[PDB]
Amino acid sequence: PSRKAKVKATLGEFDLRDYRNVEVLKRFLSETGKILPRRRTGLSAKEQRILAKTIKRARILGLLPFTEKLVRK
Amino acid sequence: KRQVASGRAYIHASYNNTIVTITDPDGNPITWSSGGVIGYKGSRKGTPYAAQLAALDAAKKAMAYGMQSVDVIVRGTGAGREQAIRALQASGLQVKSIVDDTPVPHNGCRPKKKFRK
Amino acid sequence: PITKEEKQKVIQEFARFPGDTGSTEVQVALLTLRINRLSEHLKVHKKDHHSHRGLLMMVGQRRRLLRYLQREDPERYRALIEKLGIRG
Amino acid sequence: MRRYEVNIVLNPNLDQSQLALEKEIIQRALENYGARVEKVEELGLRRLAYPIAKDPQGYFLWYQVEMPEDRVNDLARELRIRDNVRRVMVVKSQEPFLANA
RNA sequence: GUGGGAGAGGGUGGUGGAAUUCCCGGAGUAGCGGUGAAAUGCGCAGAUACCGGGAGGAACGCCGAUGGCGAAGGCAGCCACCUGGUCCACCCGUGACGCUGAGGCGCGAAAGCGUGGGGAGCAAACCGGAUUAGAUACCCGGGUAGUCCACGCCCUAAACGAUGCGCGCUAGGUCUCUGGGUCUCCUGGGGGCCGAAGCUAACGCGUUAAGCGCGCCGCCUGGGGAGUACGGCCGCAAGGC
Ligand SMILES: NC[C@@H]1O[C@H](O[C@H]2[C@@H](O)[C@H](O[C@@H]3[C@@H](O)[C@H](N)C[C@H](N)[C@H]3O[C@H]3O[C@H](CO)[C@@H](O)[C@H](O)[C@H]3N)O[C@@H]2CO)[C@H](N)[C@@H](O)[C@@H]1O
Ligand SMILES: NC[C@@H]1O[C@H](O[C@H]2[C@@H](O)[C@H](O[C@@H]3[C@@H](O)[C@H](N)C[C@H](N)[C@H]3O[C@H]3O[C@H](CO)[C@@H](O)[C@H](O)[C@H]3N)O[C@@H]2CO)[C@H](N)[C@@H](O)[C@@H]1O
Ligand SMILES: NC[C@@H]1O[C@H](O[C@H]2[C@@H](O)[C@H](O[C@@H]3[C@@H](O)[C@H](N)C[C@H](N)[C@H]3O[C@H]3O[C@H](CO)[C@@H](O)[C@H](O)[C@H]3N)O[C@@H]2CO)[C@H](N)[C@@H](O)[C@@H]1O
Ligand SMILES: NC[C@@H]1O[C@H](O[C@H]2[C@@H](O)[C@H](O[C@@H]3[C@@H](O)[C@H](N)C[C@H](N)[C@H]3O[C@H]3O[C@H](CO)[C@@H](O)[C@H](O)[C@H]3N)O[C@@H]2CO)[C@H](N)[C@@H](O)[C@@H]1O
Ligand SMILES: [Mg+2]
Ligand SMILES: [Mg+2]
Ligand SMILES: [Mg+2]
Ligand SMILES: [Mg+2]
Ligand SMILES: [Mg+2]
Ligand SMILES: [Mg+2]
Ligand SMILES: [Mg+2]
Ligand SMILES: [Mg+2]
Ligand SMILES: [Mg+2]
Ligand SMILES: [Mg+2]
Ligand SMILES: [Mg+2]
Ligand SMILES: [Mg+2]
Ligand SMILES: [Mg+2]
Ligand SMILES: [Mg+2]
Ligand SMILES: [Mg+2]
Ligand SMILES: [Mg+2]
Ligand SMILES: [Mg+2]
Ligand SMILES: [Mg+2]
Ligand SMILES: [Mg+2]
Ligand SMILES: [Mg+2]
Ligand SMILES: [Mg+2]
Ligand SMILES: [Mg+2]
Ligand SMILES: [Mg+2]
Ligand SMILES: [Mg+2]
Ligand SMILES: [Mg+2]
Ligand SMILES: [Mg+2]
Ligand SMILES: [Mg+2]
Ligand SMILES: [Mg+2]
Ligand SMILES: [Mg+2]
Ligand SMILES: [Mg+2]
Ligand SMILES: [Mg+2]
Ligand SMILES: [Mg+2]
Ligand SMILES: [Mg+2]
Ligand SMILES: [Mg+2]
Ligand SMILES: [Mg+2]
Ligand SMILES: [Mg+2]
Ligand SMILES: [Mg+2]
Ligand SMILES: [Mg+2]
Ligand SMILES: [Mg+2]
Ligand SMILES: [Mg+2]
Ligand SMILES: [Mg+2]
Ligand SMILES: [Mg+2]
Ligand SMILES: [Mg+2]
Ligand SMILES: [Mg+2]
Ligand SMILES: [Mg+2]
Ligand SMILES: [Mg+2]
Ligand SMILES: [Mg+2]
Ligand SMILES: [Mg+2]
Ligand SMILES: [Mg+2]
Ligand SMILES: [Mg+2]
């Protein structure tokens, strides 16, 4: 499916290297901590590839989760 | 002998069994039930039916501690995780929420041959 | 690594005339710089084989350039060797 | 020399004297490793995605800095020694990269 | 040479979270586990399920791809240092400095070997439970070497694209990674698919040739005997050539 929206389409301009912007980054993570694929993030290859690393940094800093409990269900 | 009244229901569902542990809000067990706790012995513990019974049992035992409401936590994939949840849903306990907590590795530990592929 | 200043330094130092970038003397100077630096690295890191391939290739290229020099102008060649301290 | 960003996450439970003491050792060790400070953002304490050393929150310092590269690892080694110092991450600076710009 | 770029290319030191196992503690009780069904096994010395704390080892989920890098073997958390290759633009410098390459040298998955560590999970051999006519197997419970690290050996393979390297030439279409430009388009480098001519025994290949050409290397010459015997060389051995 995945016809809801694309995470890039929501957002405005922003720094994909910025490991500290939590609210923007959170948009690229699923209900769990998992990094959304591109078919969701609607990013490009290079982009996605940068996103991933900066998310990983943010995770090490304690700003973003490595994983999360799934609610409802 | 407590009088707890609000708590957690942990459903642990594997392909061989279902174990429903019910605890106080701090996670300390009150009562627990399983496939084998009801009469079922062999493979039959892995049944959705066995799960329903174990759920209903743990919930009876737990209401005897005066419990009203619970938070459900589901760990594991297995036959009758959902049957357990549903038996809990109308057990005559209010299920305030359900959560899938199933632990999965970031790939640390080599599986038994059964689980590799 | 190798900063532009170190590089330019040896380029001017070995350049045949002003503006000389790719003459044999310069190329051999540059290559000698990189070789000394890389074998320095491989002094430690004896376990880095992938870089050693690099070294092999750089030495090979250098040796080819010198062969050509000594063919063409034995003077320029002798000078080069002495100045850089190679081949002996 | 090269330009890095230093991230330090500290104990949320520090009073004023403790915290400013820590910042003092931060500064002095930064200098002692030859790091000149170009910029600073102290974003205070903020929520965490997970507990860091039993604590639900943390105290974030950020420093843009220019220092010798051969010294970086050793600096961060020294930074980490402090007990109240929970997280340290030193990153080579990079020019921002935009999407939807 | 100058100025730009992408990358699990390599080495060293750091470091993060998930999970497994174990130890301590709390709370809890009659089972857990496991299979086709079971039994061995574990559990009242209190297991399983749950919460908290700790220790260690090993591997890095999502991103992740039909993707990228490397000569190959191969390379995947994050950070810093050290370091190899490579592509594009400018058309600036040298002026045939080139290609190939017996022997030599180096690298070379896994398993294996030596010394010394390490040892959570997995697990040859092995010890058991089942299954079976038997079951030196598949299935279940345990389990040593080993798998991990360092240093030194070993040199093999469905080491494969089963396709040697370099250069020139011979329709296009389409997807993709990565540069540049007057950015719908034009122009490079890489990875795929369909296909012109052409080739092929056929399957198929087809600007990533298995087409058309030139150079240089390696190899083949019916099947078995046999990768055996003998000799030599290498290896601590296993064994390799
Ligand atoms: N020293 C490290 C290496 O570890 C290796 O151990 C590795 C191999 O045994 C095995 O590699 C397998 C591969 O066979 C198979 N074709 C695909 C599989 N995904 C790989 O496994 C790997 O996949 C990815 C990338 O690392 C990870 O997500 C995963 O954790 C890892 N096990 O998984 C192990 C862990 O990565 C070998 N001992 C040797 O190459 C070498 O010693
Ligand atoms: N972490 C540094 C790495 O060390 C590597 O080698 C080192 C690591 O493999 C290992 O360091 C420690 C070890 O001292 C200690 N006894 C146990 C610890 N788990 C190890 O660390 C590593 O071990 C293995 C990697 O094989 C991983 O499973 C683990 O995640 C990793 N932390 O032991 C080696 C010697 O210190 C390589 N140099 C390179 O990958 C990198 O620099
Ligand atoms: N290769 C290691 C990694 O590569 C990336 O950074 C590397 C690449 O991005 C970068 O590539 C540069 C290129 O931009 C620039 N235009 C030219 C330069 N020669 C290249 O560098 C390359 O060649 C040199 C030899 O001169 C090597 O020393 C170096 O390892 C190699 N990457 O060089 C960096 C050094 O290797 C990663 N971001 C970083 O984590 C890390 O350094
Ligand atoms: N260091 C001694 C102990 O070794 C144990 O393990 C060690 C031994 O159990 C094991 O024995 C190996 C054997 O595996 C391998 N197949 C052959 C090897 N020669 C043996 O080694 C043995 O024999 C030789 C002489 O005969 C001795 O010199 C050596 O000390 C001894 N370990 O080798 C291991 C080391 O590689 C424990 N794991 C370790 O914790 C403990 O320290
Ligand atoms: Mg069962
Ligand atoms: Mg650079
Ligand atoms: Mg070349
Ligand atoms: Mg002459
Ligand atoms: Mg560091
Ligand atoms: Mg790397
Ligand atoms: Mg743990
Ligand atoms: Mg206990
Ligand atoms: Mg018994
Ligand atoms: Mg006991
Ligand atoms: Mg507690
Ligand atoms: Mg625990
Ligand atoms: Mg390739
Ligand atoms: Mg392969
Ligand atoms: Mg010219
Ligand atoms: Mg040119
Ligand atoms: Mg001229
Ligand atoms: Mg050659
Ligand atoms: Mg030689
Ligand atoms: Mg090998
Ligand atoms: Mg090995
Ligand atoms: Mg050994
Ligand atoms: Mg181990
Ligand atoms: Mg086992
Ligand atoms: Mg048996
Ligand atoms: Mg039979
Ligand atoms: Mg048999
Ligand atoms: Mg028998
Ligand atoms: Mg046993
Ligand atoms: Mg077994
Ligand atoms: Mg050989
Ligand atoms: Mg193949
Ligand atoms: Mg091909
Ligand atoms: Mg190929
Ligand atoms: Mg060549
Ligand atoms: Mg563009
Ligand atoms: Mg490739
Ligand atoms: Mg035709
Ligand atoms: Mg035909
Ligand atoms: Mg076919
Ligand atoms: Mg075709
Ligand atoms: Mg193409
Ligand atoms: Mg042959
Ligand atoms: Mg032969
Ligand atoms: Mg014959
Ligand atoms: Mg014959
Ligand atoms: Mg053989
Ligand atoms: Mg012989
Ligand atoms: Mg001998
Ligand atoms: Mg012999």
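Residue numbers start from 1 in every chain, and the chains themselves are labelled A, B, ... in the order their sequence lines are given, proteins ahead of strands. Just follow the structure's listing: the first ligand is 1, and inside any ligand the first atom is 1. Determination method: X-ray crystallography, 3.2 Å. The structure shown is a partial extract from the entry, and contact counts are restricted to the extract.
Modeled at ligand 3 is a drug that PDB records call paromomycin. The chain in largest contact with paromomycin (ligand 3) bears the name, in the PDB entry, of 16S rRNA. The heavy-atom neighbours of paromomycin (ligand 3) at a 4.0 Å cut-off, by chain: C, E.
Entry annotation: the source organism of RNA chain E is Thermus thermophilus.
The deposit gives chain C the name 30S ribosomal protein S15. With a non-hydrogen cut-off of 4.0 Å, the residues around paromomycin (ligand 3) amount to C:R34, E:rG4, E:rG5, E:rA6, E:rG7, E:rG9, E:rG10, E:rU83, E:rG84, E:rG85, E:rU86.
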